[PDB]
Peer 1: 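Structure with contezolid, see below.
Just so we're on the same page: letters track the sequence lines, and every chain starts at 1. Atoms within each ligand, like the ligands themselves, are counted from 1 in listed order. Be aware that this covers only part of the deposited structure, with contacts counted strictly within it. So this one's electron microscopy, 2.9 Å, going by the header.
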Amino acid sequence: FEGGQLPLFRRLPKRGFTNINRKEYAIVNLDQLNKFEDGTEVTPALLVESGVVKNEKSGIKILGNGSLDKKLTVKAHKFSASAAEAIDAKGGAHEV
Amino acid sequence: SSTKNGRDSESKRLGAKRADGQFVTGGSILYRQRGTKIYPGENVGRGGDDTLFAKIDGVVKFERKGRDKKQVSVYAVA
Amino acid sequence: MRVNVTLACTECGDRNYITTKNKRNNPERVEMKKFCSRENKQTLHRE
RNA sequence: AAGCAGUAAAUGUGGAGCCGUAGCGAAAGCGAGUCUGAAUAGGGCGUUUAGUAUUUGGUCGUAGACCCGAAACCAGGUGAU
RNA sequence: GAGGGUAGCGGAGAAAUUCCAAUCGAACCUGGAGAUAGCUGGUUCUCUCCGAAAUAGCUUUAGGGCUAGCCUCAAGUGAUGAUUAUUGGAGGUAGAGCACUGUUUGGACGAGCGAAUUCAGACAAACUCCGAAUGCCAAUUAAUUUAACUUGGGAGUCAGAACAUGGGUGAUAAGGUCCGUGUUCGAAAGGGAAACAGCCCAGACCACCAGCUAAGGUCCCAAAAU
RNA sequence: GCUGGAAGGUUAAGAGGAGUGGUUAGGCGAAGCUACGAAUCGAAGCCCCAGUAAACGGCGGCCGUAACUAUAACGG
RNA sequence: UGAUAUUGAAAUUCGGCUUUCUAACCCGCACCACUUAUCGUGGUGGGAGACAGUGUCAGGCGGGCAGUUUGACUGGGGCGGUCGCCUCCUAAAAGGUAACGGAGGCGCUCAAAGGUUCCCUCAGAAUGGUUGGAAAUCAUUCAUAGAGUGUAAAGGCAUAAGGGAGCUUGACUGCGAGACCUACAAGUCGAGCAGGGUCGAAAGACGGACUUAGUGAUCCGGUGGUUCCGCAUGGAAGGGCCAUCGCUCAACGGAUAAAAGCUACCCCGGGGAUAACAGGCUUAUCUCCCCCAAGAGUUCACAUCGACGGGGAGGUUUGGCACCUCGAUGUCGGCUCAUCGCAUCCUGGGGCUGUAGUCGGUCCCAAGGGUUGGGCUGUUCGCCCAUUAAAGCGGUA
RNA sequence: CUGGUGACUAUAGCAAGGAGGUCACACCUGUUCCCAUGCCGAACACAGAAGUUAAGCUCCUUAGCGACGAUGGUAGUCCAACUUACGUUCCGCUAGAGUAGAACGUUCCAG
Ligand SMILES: O=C1C=CN(c2c(F)cc(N3C[C@H](CNc4ccon4)OC3=O)c(F)c2F)CC1
């Protein structure tokens, strides 16, 4: 209440809408993959029980905010344009 | 038994905004006025509504320009 | 006596404008050469 | 957390769930970058990025909400000694 | 006189807002119910440190509320605060003046001759050829000083008063009223002005049967020079 | 305001189903199913036409002028 | 008041208002039985009849009844006036700053009155003229801008911002370092960069108009365009985004899509924050005294009277202010009992006279004591009748 | 003691009278040639034997009107004491007056 003057929210207009088919992903940067053995196979079923991903909302997406430091084979739903650039540069190969 | 007066408009804050010998930036307002009571000098521009602003960084200088006329200029600091 | 007028392109992409108009002084639609953002070139308008 | 076993003990089990580790956009989406834009040309918000659980104190919100006090309104009943 | 009838979103009225169990412009009892009250009143032990406001903007607003401005407590960033000397600038008030716009006294010269010619003398918040004293903005210039700023937690305040001074208003009336500037009261005891919140001097941590001063004073009440 | 009247104007549900869309068996697109529609037919009432004041209500102003010489019986 | 259900026949008729018939339905109509009661049921006659009555839907009338609204500022409140924006003065040479203080304007306009390039320069014109109540037009010199600048005013402009002549649409798209203003929301200026262009030989100028008023959140609805979403899937229906529109919402930061009066029949909560009576400050007005002396008075300003103008006292009149009292300070005129001031009505003592006497005029000193009874109006006042040595004027809530 | 082009508050102006040239500025006699007038080859630009210092233009003289003006007083005024209008201490007008003043002058072309 502003004592009679129009409130700020009444003065401002509404914006946007919501999507019913909103899909979200659990991001995992290239920094959280420095604990597994060299050449190991990383799968969402493992990341959810190893301690990296607490809740897989609608899939695991791998980003590239950092260096891998190991040669692994990763299995995920989506890969960043820079996540695969550095995963295939340290050896191994990714897959969807 | 009534008054015919009682109207007035909001006051505009005219006059100088920076002092002589002071350092300013490239887009600092220096003088707000109606018309041209002070003319621009070196590295100074006159706005649409007769506002005087600088164009470079330097010291401000209020000097005289002819008999009964004033200007403002800006010189780079060395 | 003045009115609001909107200028559309001539048989191309429509990038409109808004100006004023006097009915008596100009009793017919006017034409001008303005910028067409979509076409990226000068083009004649009307209305 | 509920539940289960326990002295109405407050322990042991229970990992659905919640917050954090990554933002940006109305959205599709992209991602240490993203939005706007013909154009990383410029600008906006981020890359500053430690958190989380319990609890003492201060203040706010929903409940009468620091205490006492109206002129009235509505509902169902009692009255022509 | 006795026995009966009409009941409150209703009855009765030879009509007065008249009566319905000693207050009827709408009876009484219980419940919703701790109705609502931007309005009054009240609100319980002790010390220590700091310490306001009575203003602006908006308001179905004017004795209410909200943000800003002044207070306090923490965590931070570092001369970025204040006064003075000096060198610079912006800005037309006091005074003055008649060169512009007006108003206006006394003469002289024939274009119809006291104000769009000339010689003298005056006037102005909305006249200015001129123009201070102060105040204001600056210079990581100099000396003396102690602040200032940012983030977060909690507030109160929106009824002000007199005196001096620059003005409007009124009548160059008011302990009148509305603005600029400083002080005091408000929230400040002590001494002086006989008594006397606002005037003059001066800011109470506590105790003493010590000394020097301020305003104002020294014949008696009554401390100090008949 | 009340009473009577009808020439026409205007006006609801309802009836009426032109015509325009979304779907697809085979830029078009027949059917079926669907979301909406127009011409026209629909009464009182109100605008209109009369009557009623012991119905509600209302019943003028400025000049000049004698056989009534101040006045104004009369006229504008 | 219409449509439709209850609700069926026959004929007239330029998917039908109307004469027409019994069978539904209706009858506080008659005679019978239950039953020596006519409330009710049933049966037989008569009347009426697909109307009426009843249900749903629709239109109109409807203070008979009900729920509510009816602004604020304000030298108390009403009535009058005012409410947003622009310019000037008050405003005390930075900026800012009040009053129901002193003056005006705005709710537009222009397709050239915009941009650009080149040129130009105004009022008034001591005189000459086809001589028309000196000023239309033309001619030559004085000409410090006294002219103009769409529209109020104030700052600016003859290096033009004023006038004319040529081509033009920059009155462009995507933005934008840094500043002014500022509680918020808003408002104002802006170099520079990329994409298009216009004018100019070229530098270069151009993101409307010499500058400052010509305007209004959001929510909801309409019209275009489009990257986007669209409930199981493919479409669609509906949403989002960009451009744009519709408000004297003028009480102009806009309560709701939709709103006026009376109370002497009145009620509650508050205020001396705010009126009516008395107190207080003030003295415009009021009452009573003075200064100047032009003139009235035969001559003679001053016996006495005193134009024009000027200076004071008093706190009894009508007001100004709003400082004490609204959990309460009772009015006007009397009656009864008084007190006190002196600006003296009577009585006492004195000047001067325009003082013969008897009677007066005016002024000074004097407050001891006195200072009537009735008629008319609620009164104060005021008039009247008859008297008196005299029938004084003021204060005390 | 020249022309061109800039810097500076008319102390640089306005007047009044005087002197000077055919090397330079001007005046000057022409409209076929590019271009130009809302009468005027008037201006603008042009095609260019002569004709002349009468004016434009200059260096020289004169303080008449304008312009620049200290010293000393006066008004006003910050601060502080009295008290309301008077003292004291800093600043310091306007007007008027003695007066300056008939320009100073960089680069530059050729003399
Ligand atoms: O025509 C008149 C109008 C009003 N008048 C008046 C009055 F006569 C007495 C008082 N007051 C108020 C105070 C409280 N008195 C009462 C009495 C009943 O309620 N309260 O005591 C007084 O003296 C007042 F203010 C007045 F305006 C005068 C007579």
Peer 1: Mind telling me which chains or ligands belong to contezolid?
Peer 2: ligand 1
Peer 1: Going by the PDB entry, what is the chain that binds contezolid with the most atom pairs under 4.5 Å called?
Peer 2: 23S rRNA
Peer 1: Which other chains are heavy-atom neighbours of contezolid at a cut-off of 4.0 Å?
Peer 2: G
Peer 1: For RNA chain G, what organism does the entry report?
Peer 2: Staphylococcus aureus
Peer 1: Hi! What's sitting within 4.0 Å of contezolid if we only look at heavy atoms?
Peer 2: G/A276, G/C277, G/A328, G/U329, G/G330, G/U331
